[PDB]
Engineer: 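This file holds HIV-1 Protease with darunavir bound.
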2 protein chains.
Amino acid sequence: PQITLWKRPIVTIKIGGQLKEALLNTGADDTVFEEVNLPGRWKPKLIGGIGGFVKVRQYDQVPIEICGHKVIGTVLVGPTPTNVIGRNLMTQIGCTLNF
Amino acid sequence: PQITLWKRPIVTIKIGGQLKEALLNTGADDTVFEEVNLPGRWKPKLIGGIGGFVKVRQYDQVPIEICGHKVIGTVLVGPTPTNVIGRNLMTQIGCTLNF
Ligand SMILES: CC(C)CN(C[C@@H](O)[C@H](Cc1ccccc1)NC(=O)O[C@H]1CO[C@H]2OCC[C@H]21)S(=O)(=O)c1ccc(N)cc1
């Protein structure tokens with residue numbers, strides 16, 4: 001699809017057996033969800049760094065569906081006001097900026 | 001141009017008689033630069049909101065050149081680690097997300 005940027009680019013996600021929404025965020029290196037229950041192994045990751053750090057759970061090679069596009073990528077799980085699809089997963093669906 | 005997202009989407013900016021770089025950030029509503037000296041009238045704006053607020057100077061209808069595209073939009077001036085082009089100016093250059 002072609003998504004214009006007059007509104008926040010919020011899209012429908014299937015992740016961890018749940019239906020979610022997330023923001024397409026070209027300013028974020030990483031993808032972060034809260035309130036998902038992912039199976040499999042994880043490792044702790046410190047992210048952020050301003051004010052302190054936040055400790056999140058890093059899950060590798062997570063199957064995820066973004067706008068009907070079934071892809072795989074690293075997902076961080078921790079507190080976030082709006083779930084965020086970062087560049088690490090936008091590359092997987094083939095998403096570019098165009099003008 | 002078509003910009004892929006394997007790297008941070010940092011582009012060349014002409015603003016306030018200066019050459020700058022800024023990140024194309026679809027997760028940001030607003031555009032924020034530091035260390036620019038913009039002419040004209042401004043008004044205070046509170047942005048952020050997490051940890052406290054940050055007070056910035058809001059300048060309306062600022063002429064700015066983004067990748068050789070000469071456009072106009074609101075620019076906030078305050079502290080930021082990397083200058084940020086938000087949706088308010090990506091719409092002006094006709095930038096979309098595509099996949
Ligand atoms: C400015 C970014 C570097 C900050 N981040 C995302 C950012 O886009 C959030 C988006 C966002 C979404 C969910 C959770 C946190 C942050 N919005 C934002 O701060 O935009 C500001 C710049 O212009 C202004 O206009 C509106 C807000 C102002 S960030 O996700 O925390 C981030 C910071 C550093 C890295 N390496 C990777 C990601």
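We name chains A, B, ... by the order of the sequence lines, and we start the count at 1 in each one. Values reported hereafter were calculated over all heavy atoms of this structure, with side chains retained and with hydrogens, waters and symmetry mates removed. Counting starts at 1 for both ligands and their atoms, following the listed order.
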Engineer: Which other chains show a non-hydrogen atom at a distance under 4.0 Å from darunavir?
Structural biologist: A, B
Engineer: Considering only the protein, which heavy-atom contact is closest to atom 20 (O) of darunavir, and what is its distance?
Structural biologist: B:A28 CB, 3.4 Å
Engineer: Ignoring hydrogens, tell whether any protein atom lies closer than 4.0 Å to atom 25 (O) of darunavir; use the non-hydrogen atoms only.
Structural biologist: yes
Engineer: Report yes or no: does a heavy atom of B:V32 sit under 4.0 Å from some atom of darunavir?
Structural biologist: yes
Engineer: Under 4.0 angstrom from atom 37 (C) of darunavir, is there any protein heavy atom?
Structural biologist: yes
Engineer: Tell me which part of A:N25 gets within contact of darunavir: side chain, backbone, both or neither, using heavy atoms under 4.0 Å.
Structural biologist: side chain
Engineer: What protein heavy atom lies closest to atom 15 (C) of darunavir? Include the residue and the distance to one decimal.
Structural biologist: A:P81 CD, 4.7 Å
Engineer: Pairs of nitrogen or oxygen atoms closer than 3.5 Å, one from A:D29 and one from darunavir: do any exist?
Structural biologist: yes
Engineer: Quick check on atom 31 (O) of darunavir - does any protein heavy atom sit closer than 4.0 Å to it?
Structural biologist: no
Engineer: Scan the protein's non-hydrogen atoms and note whether one is under 4.0 Å from atom 12 (C) of darunavir.
Structural biologist: yes
Engineer: Looking only at distance, does B:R8 have an N or O less than 3.5 Å from an N or O of darunavir?
Structural biologist: yes
Engineer: Please report whether atom 1 (C) of darunavir has a protein non-hydrogen atom at a separation of less than 4.0 Å.
Structural biologist: yes
Engineer: Using heavy atoms and a threshold below 4.0 Å, how should the contact between B:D30 and darunavir be classified: side chain, backbone, both, or neither?
Structural biologist: both
Engineer: Provide, to 0.1 Å, the distance between atom 5 (N) of darunavir and the closest protein heavy atom, together with that atom's residue and name.
Structural biologist: A:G27 O, 4.6 Å
Engineer: In this structure, which residues build the binding site of darunavir when a heavy-atom cut-off of 4.0 Å is applied?
Structural biologist: A:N25, A:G27, A:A28, A:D29, A:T80, A:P81, A:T82, A:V84, B:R8, B:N25, B:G27, B:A28, B:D29, B:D30, B:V32
